[PDB]
Visitor: 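This structure shows dexamethasone in complex with Ancestral Glucocorticoid Receptor2.
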Amino acid sequence: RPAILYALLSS
Amino acid sequence: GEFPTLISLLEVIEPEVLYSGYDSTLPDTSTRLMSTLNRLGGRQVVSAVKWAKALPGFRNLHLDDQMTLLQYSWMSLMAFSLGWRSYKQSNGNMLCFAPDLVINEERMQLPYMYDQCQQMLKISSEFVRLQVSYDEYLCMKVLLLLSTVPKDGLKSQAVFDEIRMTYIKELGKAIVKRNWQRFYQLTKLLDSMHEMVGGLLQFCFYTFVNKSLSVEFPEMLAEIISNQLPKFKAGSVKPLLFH
Ligand SMILES: C[C@@H]1C[C@H]2[C@@H]3CCC4=CC(=O)C=C[C@]4(C)[C@@]3(F)[C@@H](O)C[C@]2(C)[C@@]1(O)C(=O)CO
């Protein structure tokens with residue numbers, strides 16, 4: 001799973 | 001009271017144009033030019049995650065779905081905006097990637113550049129041919145984000161279907177603000193985006209795997225491209241077409 005993208009979505 | 005229009009909201013959440021910081025003082029190579037574009041692209045995509053988030057309705061999707069849509073449509077979102085900026089800033093004559101980074105005739109002539117730049121100018125000249133309005137563009141841009149889904153379909157397909165309902169309505173309102181015939185043309189442009197971008201994705205995957213070319217990607221894009229690459233090999237990716 002694209003970690004940075006996921007991250008940006010979860011913040 | 002009177003809720004502000006959905007168009008007016010789209011207008012205010014439209015990201016501001018990023019800056020490349022490209023140093024035209026050093027000499028122009030084609031590895032250098034492409035690595036810049038990717039770095040800029042990385043930033044535009046972060047900017048586009050912010051936009052999707054402020055997007056009425058988008059948040060009601062399962063997180064898997066938000067991922068899927070952003071992964072499957074980033075290249076279309078970016079090329080669409082690029083086409084817009086080129087339309088405004090140069091009337092479709094030159095790629096206006098940023099204000100400090102335009103593509104001219106030297107640098108279309110550089111190795112690898114001409115083909116890929118031709119395709120992105122195609123998108124541009126559609127806006128020209130149809131004299132697309134800013135509001136038309138904004139609604140079309142949202143519909144682009146919602147235009148590619150897995151062949152499996154999404155998790156919360158429920159919410160998905162209603163979101164598309166809304167922005168299709170919105171697109172119609174926008175057509176009005178500027179006449180049955182117009183909505184046909186535009187949904188045909190949305191349809192034709194899948195083909196126009198397929199070539200760009202192909203070249204992207206090439207420059208991503210070709211070690212000899214030393215085209216650098218920001219870790220943002222690399223992570224997305226790496227995830228997308230097996231999914232395109234499997235061909236498990238469904239375009240929503242209007243026709
Ligand atoms: C032809 C392809 C398609 C290109 C992309 C087209 C859409 C786009 C618009 C921008 O305003 C900024 C960057 C991007 C997002 C892009 F311009 C760069 O990333 C470079 C890119 C992938 C490409 O040039 C390469 O794969 C070069 O390696």
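The sequence lines fix the lettering, A, B, ..., with proteins before strands; numbering per chain opens at 1. The analysis underlying the following values was restricted to heavy atoms, covering all of them including side chains, and did not include hydrogens, waters or symmetry mates. We read in the header that X-ray crystallography, 2.5 Å was used to get this structure. Atoms within each ligand, like the ligands themselves, are counted from 1 in listed order.
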Visitor: Mind listing the other chains that have a non-hydrogen atom under 4.0 Å from dexamethasone (ligand 1)?
Guide: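 Other chains with a heavy atom that close: B.
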Visitor: Which residues of the other chains approach dexamethasone (ligand 1) to under 4.0 Å (heavy-atom distance)?
Guide: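 Sure - by heavy atoms, that gives B:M34, B:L37, B:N38, B:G41, B:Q44, B:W74, B:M75, B:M78, B:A79, B:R85, B:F97, B:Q116, B:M120, B:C204, B:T207, B:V215, B:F217.
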Visitor: Pull out every atom of dexamethasone (ligand 1) sitting under 4.0 Å from any heavy atom of B:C204, numbered as shown with elements.
Guide: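 It comes down to these atoms of dexamethasone (ligand 1): 26 (O).
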Visitor: Any idea which protein heavy atom is nearest atom 17 (F) of dexamethasone (ligand 1), and the distance to it?
Guide: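 Minimum-distance protein heavy atom for atom 17 (F) of dexamethasone (ligand 1) reads B:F97 CE2, 3.1 Å.
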Visitor: Show the atoms of dexamethasone (ligand 1) that are less than 4.0 angstrom away from any heavy atom in B:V215.
Guide: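 It comes down to these atoms of dexamethasone (ligand 1): 28 (O).
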Visitor: How far is atom 7 (C) of dexamethasone (ligand 1) from its nearest protein heavy atom, and which residue and atom is that?
Guide: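 Going by distance alone, atom 7 (C) of dexamethasone (ligand 1) is nearest to B:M78 CB, 3.7 Å.
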Visitor: Report the organism recorded for chain B in the deposit.
Guide: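 By the entry, that would be unidentified.
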Visitor: Determine from the deposited structure the residue and atom in covalent linkage with dexamethasone (ligand 1).
Guide: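 Covalent anchor: none.
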Visitor: For atom 21 (C) of dexamethasone (ligand 1), grab the closest protein heavy atom and report residue, atom and distance to one decimal in Å.
Guide: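 Atom 21 (C) of dexamethasone (ligand 1) sits closest to the protein heavy atom B:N38 OD1, 3.8 Å.
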Visitor: Within dexamethasone (ligand 1), which atoms have a heavy atom of B:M120 less than 4.0 Å away?
Guide: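 Answer, ordered by atom number: 1 (C).
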Visitor: How far is atom 6 (C) of dexamethasone (ligand 1) from the closest protein heavy atom, and which atom is that?
Guide: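 The closest one turns out to be B:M75 SD, 3.9 Å.
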Visitor: With heavy atoms of B:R85 as the reference, note each atom of dexamethasone (ligand 1) found under 4.0 Å away.
Guide: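 Dexamethasone (ligand 1) atoms under the 4.0 Å threshold to B:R85: 10 (C), 11 (O).
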Visitor: Which dexamethasone (ligand 1) atoms does B:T207 reach within 4.0 Å, using its non-hydrogen atoms?
Guide: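 Dexamethasone (ligand 1) atoms under the 4.0 Å threshold to B:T207: 26 (O), 27 (C), 28 (O).
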Visitor: What is the closest protein heavy atom to atom 24 (O) of dexamethasone (ligand 1), and at what distance does it sit?
Guide: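 Result for atom 24 (O) of dexamethasone (ligand 1): B:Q116 OE1, 2.7 Å.
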